[PDB]
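Below, a PDB structure including acetazolamide.
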Amino acid sequence: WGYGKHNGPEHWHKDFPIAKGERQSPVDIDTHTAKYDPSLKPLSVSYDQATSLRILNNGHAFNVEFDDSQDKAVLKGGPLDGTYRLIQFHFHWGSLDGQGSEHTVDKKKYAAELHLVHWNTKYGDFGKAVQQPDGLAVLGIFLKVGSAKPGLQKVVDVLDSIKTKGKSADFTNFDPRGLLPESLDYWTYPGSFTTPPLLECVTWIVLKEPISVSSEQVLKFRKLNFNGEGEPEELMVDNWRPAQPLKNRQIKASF
Ligand SMILES: CC(=O)Nc1nnc(S(N)(=O)=O)s1
Ligand SMILES: [Hg+2]
Ligand SMILES: [Zn+2]
């Protein structure tokens, strides 16, 4: 599967029939139809103990991986019941600044989207959490092009080392708190992974406020490759899935 004409999102249903399911992601967030729900609690992001391990180009995005053997970096509160552990974060971006996010807000696309993936610890490991309707919680953050985000720079600087598919580099002591917006206001709805296998195990929490990154920072993302070393070079750009039918789900807003 991939993102090109012949293996892109419109073809994914043939190998993963869940592509046409009832709670697929991403979706367009219509701000006027979202329901303010006053019983939604504040989010609790406790990332002071986080331990990053490595950064990896996996052929469709680059992931920073975290040590999740202990409650080191956790998400709770919000719409969640239970503690969810951070296992990795990745981005989806475009070839041009006016496209790149997966979720849109009143049909507006942003330059990129950050996903911080968490799994529900009551299920014991990640592989069990993908068997449950509330197994995962992904925190989504929009990126707009503007001033440099200083906290993103270590990530941008290592990208040359993992240019092609399969490469990795040790990436310790990166603090994910430098990627968070000021406000933790959010929208939440029940959804899925946005890449195959597209499992419907995710409570999505999409933050209202985007973070700014510079043009130079998002250009470095665009220099990555989909292909492996020694293959024809395919630039890793536009690795996003288009919005899916909300199909009678309700988007709740914390504000
Ligand atoms: C192993 C893993 O994390 N897989 C994911 N697949 N899609 C994801 S996304 N784009 O919805 O955050 S995370
Ligand atoms: Hg599931
Ligand atoms: Zn993602």
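Using the numbering of the PDB entry, the residues shown for chain A are 5-125, 127-260, in order. Numbering of ligands and ligand atoms starts at 1, following listing order. Scope of the values below: all heavy atoms of this structure, side chains included, with no hydrogens, waters or symmetry mates.
- Here, the model contains acetazolamide as ligand 1.
- The chain in largest contact with acetazolamide bears the name, in UniProt, of Carbonic anhydrase 2.
- By UniProt annotation, the domain of chain A supplying most contacts to acetazolamide is Alpha-carbonic anhydrase.
- Taking UniProt's list of substrate-binding residues in chain A, a heavy atom lies under 4.0 Å from acetazolamide for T199, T200.
- Shortest heavy-atom distance from acetazolamide to a UniProt active-site residue of chain A, with the residue named, rounded to 1 Å: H64, 7 Å.
- Taking atom 10 (N) of acetazolamide as the reference point, the nearest protein heavy-atom neighbour is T199 OG1, 2.5 Å.
- Looking at UniProt's Zn(2+) binders in chain A, a heavy atom closer than 4.0 Å to acetazolamide shows up in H94, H96, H119.
- Distance cut-off 4.0 Å; other ligands and ions near acetazolamide: ligand 3 (zinc ion).
- Shortest contact from atom 1 (C) of acetazolamide to any protein heavy atom: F131 CZ, 3.8 Å.
- Put simply, no part of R246 is less than 4.0 Å from acetazolamide, judged by heavy atoms.
- With a 4.0 Å heavy-atom cut-off, acetazolamide is reached by the side chain of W209 but not by its N, CA, C or O.
- Among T200, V143, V121, the residue whose heavy atom sits closest to atom 7 (N) of acetazolamide is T200.
- Summary of contacts: the protein heavy atom closest to atom 8 (C) of acetazolamide is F198 CD2, 3.5 Å.
- For atom 3 (O) of acetazolamide, the closest non-hydrogen atom of the protein is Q92 NE2, 3.0 Å.
- Measured on heavy atoms with a 4.0 Å cut-off, the binding site of acetazolamide is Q92, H94, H96, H119, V121, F131, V143, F198, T199, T200, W209.
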Find all protein N or O atoms under 3.5 angstrom from an N or O atom of acetazolamide and list the pairs with distances, or write 'none'.
from, atom 1, to, atom 2, distance (Å)
acetazolamide, 3 (O), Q92, NE2, 3.0
acetazolamide, 6 (N), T200, OG1, 3.0
acetazolamide, 7 (N), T200, OG1, 2.9
acetazolamide, 10 (N), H94, NE2, 3.3
acetazolamide, 10 (N), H96, NE2, 3.4
acetazolamide, 10 (N), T199, OG1, 2.5
acetazolamide, 11 (O), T199, N, 2.9
acetazolamide, 11 (O), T199, OG1, 3.4
acetazolamide, 12 (O), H94, NE2, 3.4
acetazolamide, 12 (O), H119, ND1, 3.4

